[PDB]
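Figure: structure with alpelisib.
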Amino acid sequence: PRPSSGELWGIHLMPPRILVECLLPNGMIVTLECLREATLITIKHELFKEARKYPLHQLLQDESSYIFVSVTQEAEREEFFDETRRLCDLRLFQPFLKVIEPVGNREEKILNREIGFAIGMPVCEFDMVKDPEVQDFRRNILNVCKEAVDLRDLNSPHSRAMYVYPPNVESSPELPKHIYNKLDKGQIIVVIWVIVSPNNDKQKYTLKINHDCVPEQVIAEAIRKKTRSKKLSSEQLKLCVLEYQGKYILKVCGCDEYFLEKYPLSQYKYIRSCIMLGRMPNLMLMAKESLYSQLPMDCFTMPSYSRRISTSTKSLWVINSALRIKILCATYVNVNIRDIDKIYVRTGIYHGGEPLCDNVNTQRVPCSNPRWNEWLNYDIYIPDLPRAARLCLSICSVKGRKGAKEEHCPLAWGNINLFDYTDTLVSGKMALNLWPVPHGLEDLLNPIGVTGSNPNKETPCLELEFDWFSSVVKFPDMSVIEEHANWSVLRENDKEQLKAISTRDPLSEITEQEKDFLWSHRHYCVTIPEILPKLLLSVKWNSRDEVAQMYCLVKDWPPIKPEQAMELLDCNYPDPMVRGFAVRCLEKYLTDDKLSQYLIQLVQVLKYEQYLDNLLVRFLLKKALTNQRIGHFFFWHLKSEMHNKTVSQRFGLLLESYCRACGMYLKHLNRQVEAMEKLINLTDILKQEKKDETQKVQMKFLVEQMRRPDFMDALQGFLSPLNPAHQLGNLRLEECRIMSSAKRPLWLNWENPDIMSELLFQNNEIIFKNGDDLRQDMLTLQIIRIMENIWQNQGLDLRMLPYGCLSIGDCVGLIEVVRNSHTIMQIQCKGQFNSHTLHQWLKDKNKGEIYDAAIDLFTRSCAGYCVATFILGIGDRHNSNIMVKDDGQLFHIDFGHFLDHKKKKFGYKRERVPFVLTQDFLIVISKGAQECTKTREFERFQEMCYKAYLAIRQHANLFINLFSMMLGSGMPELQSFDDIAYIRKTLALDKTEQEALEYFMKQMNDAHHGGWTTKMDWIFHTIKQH
Amino acid sequence: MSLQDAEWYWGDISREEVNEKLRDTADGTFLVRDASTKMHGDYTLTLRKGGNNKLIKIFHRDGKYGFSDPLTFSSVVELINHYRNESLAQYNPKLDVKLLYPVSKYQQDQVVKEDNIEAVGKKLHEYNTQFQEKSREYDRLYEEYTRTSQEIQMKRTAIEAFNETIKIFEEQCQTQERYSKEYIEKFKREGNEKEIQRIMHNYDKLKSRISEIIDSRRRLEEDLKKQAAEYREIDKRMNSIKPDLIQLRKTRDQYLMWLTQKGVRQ
Ligand SMILES: Cc1nc(NC(=O)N2CCC[C@H]2C(N)=O)sc1-c1ccnc(C(C)(C)C(F)(F)F)c1
Ligand code: NA
């Protein structure tokens, strides 16, 4: 069970010397012994020296007339134009090299290799593919690439700098009052640093300015304090300020983060963090030119595939027939003939998750002979088919053994668009290679699943035939549809109910009464534009009459909040107008801040798109190519899934266009990818060949490898995939180690090459982990961050710690290390532990005046995690998965389960309190009081929890939407809307807000065995006490 | 008449639970439950129509219950039986799917045989013990399935790579054949024998190399066939276990419900 992924096929690491077969242009073969780290310049030179000793030498040209070609592990024949590359880095399949004369388009060949390296797949594979939709995509998407690249060079250099180093800022300038009150008379002390010539001295100027100062104003203020010792006319002065105000730019000390834009200073996330923490902002001033010289020149070439030659019509609505589809035969199934009775094919016609008529089975036939030749009739009229209609099918097994009870299991599934991307109604025979059933999915179909034939061709193959109308049939154009709507043709009680329906959450039950009510009042519905998702679900999508009408409404519909618009991109809203509308909202109202925040989900709903080419993908790609911070994560989220064959054609096509237009960042991404690939190889050796060996032996092997020159080259001097603003310099080899945990994670440390790194970010410490699926943690951490943000904006300072977590591949990832923090178990194990050990530890770490602050920080942190883990239903906490910083911040690690996971395997219907505050925590919060729940401190902590809970509940739409967009994501714990039903329970969405709080209090009491009281009367919830 | 004793009145079960019971059922299948609002006296009717579960609110005010504006029915059981004989056309002009097949709770209490709380508790233990064991095995199988799927993908790529490699060594033969043909002819005429042998020696070296690579591919082709067979066998095993596992959970899940049922309640 051990095939190897490494420097060669079947070998992880080339031995220090290796024999390499060289094929000369004259036909001769020469075996050369090479150093595994030797470059191609060296190897070629040695080869041609040696080739003098072999027959037909005279027919060989100058060694500079040739390059090497060979077969790589991806089975591509690859020409090596860059001869500085080391042999061990070539990814050869076998150790041989062929000498050729370089031909063809050299720059394009080189670019394509760089692209293929980034995305994990040779781009020649794309040139192969026959599907019209694919080639159309690769061509048309180039429009988006050119649009962005032009919009980049427009304003140069500034617009190019804005692309590379975007403003990292909050979505609004407005300051919550807990933030504002931290300001001294609405003003902030900032320290501005300059590196002064010749000797690069660091000089410190301290300024007190208005929080809303534009960075240009901050620079003028520094100019004022600088030239103030010198006295001069206030006219020459502010002429001196004016003229030189824009000769400089500001940067954060320690990481590459810039303020290039006239946003208020407190709006930049770094400054806003400094304020809330009472930390000194430290900025570095530098000349605008020394930055704009750093900027690479990005140039975009049209690829050769944009230069190549390529290859009776009736309306859908004139076709008078019922829907009819033929199941012919399946090639094979894997079934145990003795354990199942018969097999058959389930089908359904779906718009989104909803059937447009009831499902239809073929007849049951023996396992051994999967043949039907059955025309299945559906109850719908072909003209009544909506544009997004899909065919959803499965081959199922049926076992009839126990009484009249049967067991139906899906063997394989597939989905088909009833219209293709040219709006052609599908017809004729069709062959569909099917897909494995997703782990945990018990339903006989999988309508959420992607459309299209499984690219693996040894799979069950199901032959179909659709009907033929003796013409090519197209979906009616918009002019036609628009017309048909015009061909169709209390109030205070109604208005209130309408609003009241619109205030509910997405997954709220909508009755048939309410759908008719909604549909009837649909024209007045425009007065409350955010009711749209609910009105859309009231529509009957199997009637062309109602859809045509709904289309005319959408055309003129007022935009809605992105947080709302995003629901329209989930798997429940397949219609191309509807999604278009949703995307135009994001275009108008979605800040880059929110786009970064929600990027995980927006990428995921791309899996739900019926076609490669759509408004959503164009918008995202465009954003990714005009903002490099968005571009970075855009790339890593797509690349991390490229192993998954359901999405890999789509994502690879998207990754190709992105890598063509992204510019010089491609060189940086490739350095990151190369660094991760050495970490994957290294940890694979540890987990495979070295799996039975001691830590000491393994630590000797890790050290000896990391000193290797090819390893140093690759792991030093690149940007961190967790935060590309963090530069990873030289390794600190002495702090690198294999952690004791089961999957053998690596603890890594890098110098921060930043000249100012002492002020902030002196260490970059990262855990590289191979073998666990990090997608669930990553989501959870993201949800925690979105929660923290919600609370801040309400003036609730609950300090969460959503540490960096990034999935880069199949079960491989990076975790950002939190400094100066230990687990509760680690704490108890130093300084014999009673319940008071923790509070004693926290005391020893904060002595004197700073003691109170540490308690305050531990209390707030505590509150936040108590509330969040309740709501999300995180896996149960213990002393190993809870951590505490020396200054008292508490946070959770290792989430790895959430929602309804426990109910599935234990069948208990309950809401857990995952984080139960043991006496140890109550002691800390109470500052060591004897009776901990009776202190005013603990009342304070309760009110925090209460506030935090209702804030999230008020935002329930957002969270529910975010989870809904993950349904097709492959996360076993979130497979359908039932998994999301959990947070509807913990947030008590079907109750009143006051009822919900009562419920939350009750959960806390049941879990903590009393001690959660109320400052309110039972009846009105009004302040009684104090 | 007794609504509590009604066959299709299921009380406080969640929407999800009703979904499970209505899963893939024929049109006309219905049950009534408490509203999700839990407001004491509102109930929600759930009707199966056209592959979809409808939700129909049952309005409770004064003395009478109903769908539409004119509360025409004095009790819940009145309404359901008066929609059980007829179509649904008088709630709405459209529809008219009636109410046909109910969901009974009594065929479900069939499956727990035992009366006392001790026998039920003992069987719950047994099922739940079997359940965690079978789950663990199905998960082990699914990892093996996954691992194997990947390894097969690796090997397929590696056979392709062998193909490309072999072509290239075969082209080298052909290239050698073209050049060396004219040289050995002329060389013979110039009487140099051991230079000819050097060319033939390199040609032997090339051809035996080709034989190695082809046989190494041959072996990998064998390994793939074997694994492809194991992968299908792991797929077979999973397809037997899966349906039995679902039914096992459903049994356990209602023994737990039964155990709750006669047992002290709030
Ligand atoms: C965010 C974070 N920060 C840390 N910091 C320290 O461990 N420190 C900090 C200094 C000493 C040392 C310690 N506590 O002894 S660990 C950590 C983390 C988060 C999530 N999972 C993990 C592991 C180890 C389970 C994983 F996944 F990598 F295997 C670690
Ligand atoms: Na430094």
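A note on names: the letters A, B, ... follow the listed sequences, proteins ahead of strands, and every chain is numbered from 1. Read the numbers this way: they start at 1 and go in the same order the structure lists the ligands and their atoms.
- In the structure shown, the parts corresponding to alpelisib are ligand 1.
- Contacts with alpelisib are greatest for the chain named in UniProt as Phosphatidylinositol 4,5-bisphosphate 3-kinase catalytic subunit alpha isoform.
- Lab note: other chains with heavy atoms under 4.0 Å from alpelisib -> A.
- In terms of protein heavy-atom proximity, atom 7 (O) of alpelisib is nearest to A/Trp747 CZ3, 3.6 Å.
- In this structure, atom 2 (C) of alpelisib has protein heavy atoms in its sub-4.0 angstrom surroundings.
- Taking only non-hydrogen atoms, the option from A/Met739, A/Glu765, A/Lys769 nearest to atom 29 (F) of alpelisib is A/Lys769.
- Looking from atom 20 (C) of alpelisib to the surrounding protein, the closest heavy atom is A/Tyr803 OH, 3.4 Å.
- Scanning the protein heavy atoms around atom 5 (N) of alpelisib, the nearest turns out to be A/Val818 O, 3.1 Å.
- Proximity of A/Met883 to alpelisib is established by a heavy-atom distance of less than 4.0 Å.
- Protein heavy atom closest to atom 15 (O) of alpelisib, with residue, atom name and distance, is A/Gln826 NE2, 2.5 Å.
- Most residues contacting alpelisib in chain A map to the UniProt domain PI3K/PI4K catalytic.
- Of the listed residues (A/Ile827, A/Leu746, A/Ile767), the one carrying the non-hydrogen atom nearest atom 17 (C) of alpelisib is A/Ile767.
- Looking only at protein heavy atoms, the nearest one to atom 22 (C) of alpelisib is A/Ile815 CD1, 4.4 Å.
- Distances from atom 9 (C) of alpelisib to the heavy atoms of A/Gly896, A/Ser740, A/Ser821 put A/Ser821 nearest.
- Each of the following atoms of alpelisib lies closer than 4.0 Å to a heavy atom of A/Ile893: 19 (C), 20 (C).
- Distances below 4.0 Å separate heavy atoms of A/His822 from the following atoms of alpelisib: 14 (N).
- The 4.0 Å heavy-atom shell around alpelisib contains A/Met739, A/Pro745, A/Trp747, A/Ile767, A/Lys769, A/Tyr803, A/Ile815, A/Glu816, A/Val817, A/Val818, A/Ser821, A/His822, A/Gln826, A/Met883, A/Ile893.
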